[PDB]
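Chain letters run A, B, ... following the sequence lines, proteins first, then strands; residues in each count from 1. Partial entry; contacts are within-part only. In listed order, ligands and their atoms are each counted from 1. Only this structure's heavy atoms are used, side chains among them; waters, hydrogens and symmetry mates stay out.
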Amino acid sequence: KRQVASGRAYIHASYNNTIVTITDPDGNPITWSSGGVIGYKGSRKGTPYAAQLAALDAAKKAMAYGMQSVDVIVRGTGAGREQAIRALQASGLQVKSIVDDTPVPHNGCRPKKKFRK
Amino acid sequence: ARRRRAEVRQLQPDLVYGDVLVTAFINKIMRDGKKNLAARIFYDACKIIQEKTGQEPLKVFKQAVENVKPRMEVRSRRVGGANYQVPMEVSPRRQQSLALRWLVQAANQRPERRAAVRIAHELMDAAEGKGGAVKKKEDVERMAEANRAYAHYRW
Amino acid sequence: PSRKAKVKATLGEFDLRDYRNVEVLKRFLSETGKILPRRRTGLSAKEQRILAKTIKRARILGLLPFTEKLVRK
RNA sequence: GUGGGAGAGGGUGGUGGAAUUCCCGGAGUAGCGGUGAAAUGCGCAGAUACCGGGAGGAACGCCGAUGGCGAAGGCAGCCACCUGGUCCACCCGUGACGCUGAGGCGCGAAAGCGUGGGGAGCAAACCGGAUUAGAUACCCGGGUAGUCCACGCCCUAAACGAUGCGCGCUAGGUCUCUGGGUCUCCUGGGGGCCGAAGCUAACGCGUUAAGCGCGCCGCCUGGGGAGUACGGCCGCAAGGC
Ligand SMILES: NC[C@@H]1O[C@H](O[C@H]2[C@@H](O)[C@H](O[C@@H]3[C@@H](O)[C@H](N)C[C@H](N)[C@H]3O[C@H]3O[C@H](CO)[C@@H](O)[C@H](O)[C@H]3N)O[C@@H]2CO)[C@H](N)[C@@H](O)[C@@H]1O
Ligand SMILES: NC[C@@H]1O[C@H](O[C@H]2[C@@H](O)[C@H](O[C@@H]3[C@@H](O)[C@H](N)C[C@H](N)[C@H]3O[C@H]3O[C@H](CO)[C@@H](O)[C@H](O)[C@H]3N)O[C@@H]2CO)[C@H](N)[C@@H](O)[C@@H]1O
Ligand SMILES: [K+]
Ligand SMILES: [K+]
Ligand SMILES: [K+]
Ligand SMILES: [K+]
Ligand SMILES: [K+]
Ligand SMILES: [Mg+2]
Ligand SMILES: [Mg+2]
Ligand SMILES: [Mg+2]
Ligand SMILES: [Mg+2]
Ligand SMILES: [Mg+2]
Ligand SMILES: [Mg+2]
Ligand SMILES: [Mg+2]
Ligand SMILES: [Mg+2]
Ligand SMILES: [Mg+2]
Ligand SMILES: [Mg+2]
Ligand SMILES: [Mg+2]
Ligand SMILES: [Mg+2]
Ligand SMILES: [Mg+2]
Ligand SMILES: [Mg+2]
Ligand SMILES: [Mg+2]
Ligand SMILES: [Mg+2]
Ligand SMILES: [Mg+2]
Ligand SMILES: [Mg+2]
Ligand SMILES: [Mg+2]
Ligand SMILES: [Mg+2]
Ligand SMILES: [Mg+2]
Ligand SMILES: [Mg+2]
Ligand SMILES: [Mg+2]
Ligand SMILES: [Mg+2]
Ligand SMILES: [Mg+2]
Ligand SMILES: [Mg+2]
Ligand SMILES: [Mg+2]
Ligand SMILES: [Mg+2]
Ligand SMILES: [Mg+2]
Ligand SMILES: [Mg+2]
Ligand SMILES: [Mg+2]
Ligand SMILES: [Mg+2]
Ligand SMILES: [Mg+2]
Ligand SMILES: [Mg+2]
Ligand SMILES: [Mg+2]
Ligand SMILES: [Mg+2]
Ligand SMILES: [Mg+2]
Ligand SMILES: [Mg+2]
Ligand SMILES: [Mg+2]
Ligand SMILES: [Mg+2]
Ligand SMILES: [Mg+2]
Ligand SMILES: [Mg+2]
Ligand SMILES: [Mg+2]
Ligand SMILES: [Mg+2]
Ligand SMILES: [Mg+2]
Ligand SMILES: [Mg+2]
Ligand SMILES: [Mg+2]
Ligand SMILES: [Mg+2]
Ligand SMILES: [Mg+2]
Ligand SMILES: [Mg+2]
Ligand SMILES: [Mg+2]
């Protein structure tokens with residue numbers, strides 16, 4: 001029961017799952033959802049539909065706090081990124097900005113064998 | 001049809017109502033090339049529609065057809081070594097073929113004694129939203145959109 | 001193919017070796033913090049080579065950024 | 001010699017930002033992770049995602065390229081100090097002082113060895129989970145050596161242009177790097193592509209020769225046995241010659 005009414009909607013997409021974290025303007029989270037919060041268990045969590053449901057459940061959780069405006073911040077390349085965007089884009093929440101903050105190193109660490117070359 | 005588009009056949013009009021949909025239904029009733037038996041069945045059933053319903057049997061016919069047509073269906077696809085049930089839309093003609101075929105396949109599962117009775121009772125039931133045909137449409141549209149996760153495998 | 005504009009012909013007389021001249025080095029960075037290639041800058045081999053090092057020099061000082069967030073995506 | 005140019009050439013000290021991991025605080029809830037699908041694993045001692053702070057190890061995104069440097073191996077954030085090679089103009093000086101090079105000596109990717117530090121991520125071995133007919137694997141979760149640092153060893157390689165070094169001669173067209181100049185263009189060094197003559201078994205090479213010539217070194221002599229055995233020299237060992 002905070003009555004935020006404006007905040008930041010983080011989107012963490014990956015080829016395995018898409019997870020939405022909705023925060024106050026300072027960045028502290030209020031509620032959240034993901035593919036596993038909804039009944040999806042296995043690989044289905046990495047779906048654009050699973051993402052859509054996750055972002056909608058996040059937006060509906062945040063409506064209970066009476067939030068209206070969000071700034072969206074996407075991190076990670078992966079399915080359901082743009083579908084979670086479009087889920088929030090008309091979720092009832094007004095999207096004030098979309099920003100891609102996907103972290104890239106400056107050749108910092110050695111990736112797994114999976115990601116080499 | 002690998003080369004051309006396989007154009008559709010144009011059906012002769014109904015000899016009674018002058019409607020191609022009626023004649024298509026007769027042809028889905030036909031069996032071992034018995035046209036007269038299928039039309040005898042169907043028309044004897046149109047007389048059953050009346051004096052039970054006070055409406056023109058043609059209206060009941062096309063209305064039940066409309067309530068059986070599906071909007072979604074699930075088609076398989078071989079992906080990543082496994083096989084997936086993928087929803088997608090139903091082309092209009094396919095909604096036609098599937099609704100009519102289902103109507104016949106439902107009527108012949110009914111317990112009424114003779115054919116035209118089964119056909120009349122199924123046409124009426126499906127017109128008001130019940131009966132085995134509409135259960136086929138509901139089962140299929142249940143299948144589709146239960147796989148919404150695979151909606152991106154449309155093709 | 002970068003037919004929109006070239007940055008050099010979008011600029012007049014300037015010193016490639018000025019690490020402290022921001023309002024010009026700014027013009028050579030992208031929408032992200034990244035250093036533009038010769039497609040956009042229109043510099044030459046030697047020119048882009050030197051401008052690179054003066055931009056890095058400027059980045060250490062906190063005048064130009066190392067990276068930025070992408071807007072509007 | 002003089003005066004200018006270009007460069008990830010080398011050593012030492014210093015230093016900057018991104019990311020990973022970990023620790024602390026805040027907020028917050030039922031999962032996260034991962035796959036073809038899974039499972040192990042992690043999470044109610046509150047994880048994942050999110051904000052703030054902090055520690056540490058490693059590597060330097062864009063620039064960056066068909067680019068540059070180096071004898072080779074190899075060299076990439078930035079600053080400074082020390083230091084090597086090279087290129088051009090000027091025709092200034094020495095006066096054949098040249099070339100090659102058995103042995104020698106020095107260098108020499110990775111992996112590996114000794115001591116001591118360090119250890120974030122990755123990861124032989126190994127421990128699990130899967131898959132399979134089996135699966136001492138490919139896939140997933142972990143993880144030791146190692147990868148990093150100083151010092152000392154080791155001396156190998158598809159150490160490759162699979163092409164020893166030097167010098168002269170032999171059509172051009174074009175792209176590029178870096179000089180000089182009467183700066184449409186002329187002229188020098190380097191890297192590319194196509195091609196004259198020519199050569200080659202062919203493939204292809206062709207002013208960056210695999211063409212035409214001279215000088216000197218290294219090397220080959222049918223396949224297997226075999227880079228083995230023996231001897232010797234080297235090495236802490238692995239092993240090398
Ligand atoms: N060598 C380090 C680099 O030096 C660069 O600059 C280098 C070059 O631009 C510059 O060139 C010089 C110059 O005096 C002029 N252009 C001609 C001269 N022969 C060159 O000097 C050259 O020869 C001497 C030995 O005679 C070497 O000690 C020196 O390293 C070499 N550059 O000398 C500098 C030192 O080599 C940049 N500072 C940077 O890339 C880096 O620090
Ligand atoms: N530090 C700069 C470089 O250091 C080199 O060697 C340095 C490093 O290899 C060595 O380790 C340093 C040291 O501060 C201490 N032991 C730990 C520290 N994390 C290291 O410093 C560096 O380590 C690695 C490279 O090794 C870098 O990737 C990293 O940016 C940096 N933290 O310490 C040496 C200096 O004391 C060379 N001197 C030269 O390349 C250059 O000056
Ligand atoms: K760990
Ligand atoms: K690297
Ligand atoms: K090259
Ligand atoms: K010039
Ligand atoms: K070739
Ligand atoms: Mg997943
Ligand atoms: Mg049926
Ligand atoms: Mg250097
Ligand atoms: Mg905490
Ligand atoms: Mg457990
Ligand atoms: Mg509890
Ligand atoms: Mg426990
Ligand atoms: Mg974490
Ligand atoms: Mg932090
Ligand atoms: Mg530690
Ligand atoms: Mg590159
Ligand atoms: Mg060379
Ligand atoms: Mg070379
Ligand atoms: Mg090489
Ligand atoms: Mg003279
Ligand atoms: Mg004289
Ligand atoms: Mg010599
Ligand atoms: Mg020798
Ligand atoms: Mg070595
Ligand atoms: Mg090593
Ligand atoms: Mg060691
Ligand atoms: Mg040790
Ligand atoms: Mg230790
Ligand atoms: Mg340890
Ligand atoms: Mg690991
Ligand atoms: Mg592993
Ligand atoms: Mg195993
Ligand atoms: Mg098998
Ligand atoms: Mg040990
Ligand atoms: Mg090599
Ligand atoms: Mg090679
Ligand atoms: Mg060559
Ligand atoms: Mg070469
Ligand atoms: Mg040669
Ligand atoms: Mg050689
Ligand atoms: Mg010589
Ligand atoms: Mg040339
Ligand atoms: Mg080269
Ligand atoms: Mg050729
Ligand atoms: Mg010829
Ligand atoms: Mg030919
Ligand atoms: Mg020659
Ligand atoms: Mg030999
Ligand atoms: Mg040999
Ligand atoms: Mg023999
Ligand atoms: Mg042999
Ligand atoms: Mg051997
Ligand atoms: Mg022996
Ligand atoms: Mg011994
Ligand atoms: Mg052995
Ligand atoms: Mg021995």
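Checking zosuquidar, paromomycin, lopinavir against ligand 1, the answer is paromomycin. Of the chains in this structure, the chief binding partner of paromomycin (ligand 1) is, as the PDB entry puts it, 16S Ribosomal RNA rRNA. Chains touching paromomycin (ligand 1) with a heavy atom below 4.0 Å, listed by letter, come to D.
Entry annotation: RNA chain D, source organism Thermus thermophilus (strain HB8 / ATCC 27634 / DSM 579). For paromomycin (ligand 1), the residues with heavy atoms nearer than 4.0 Å are D/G4, D/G5, D/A6, D/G7, D/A8, D/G9, D/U83, D/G84, D/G85, D/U86.
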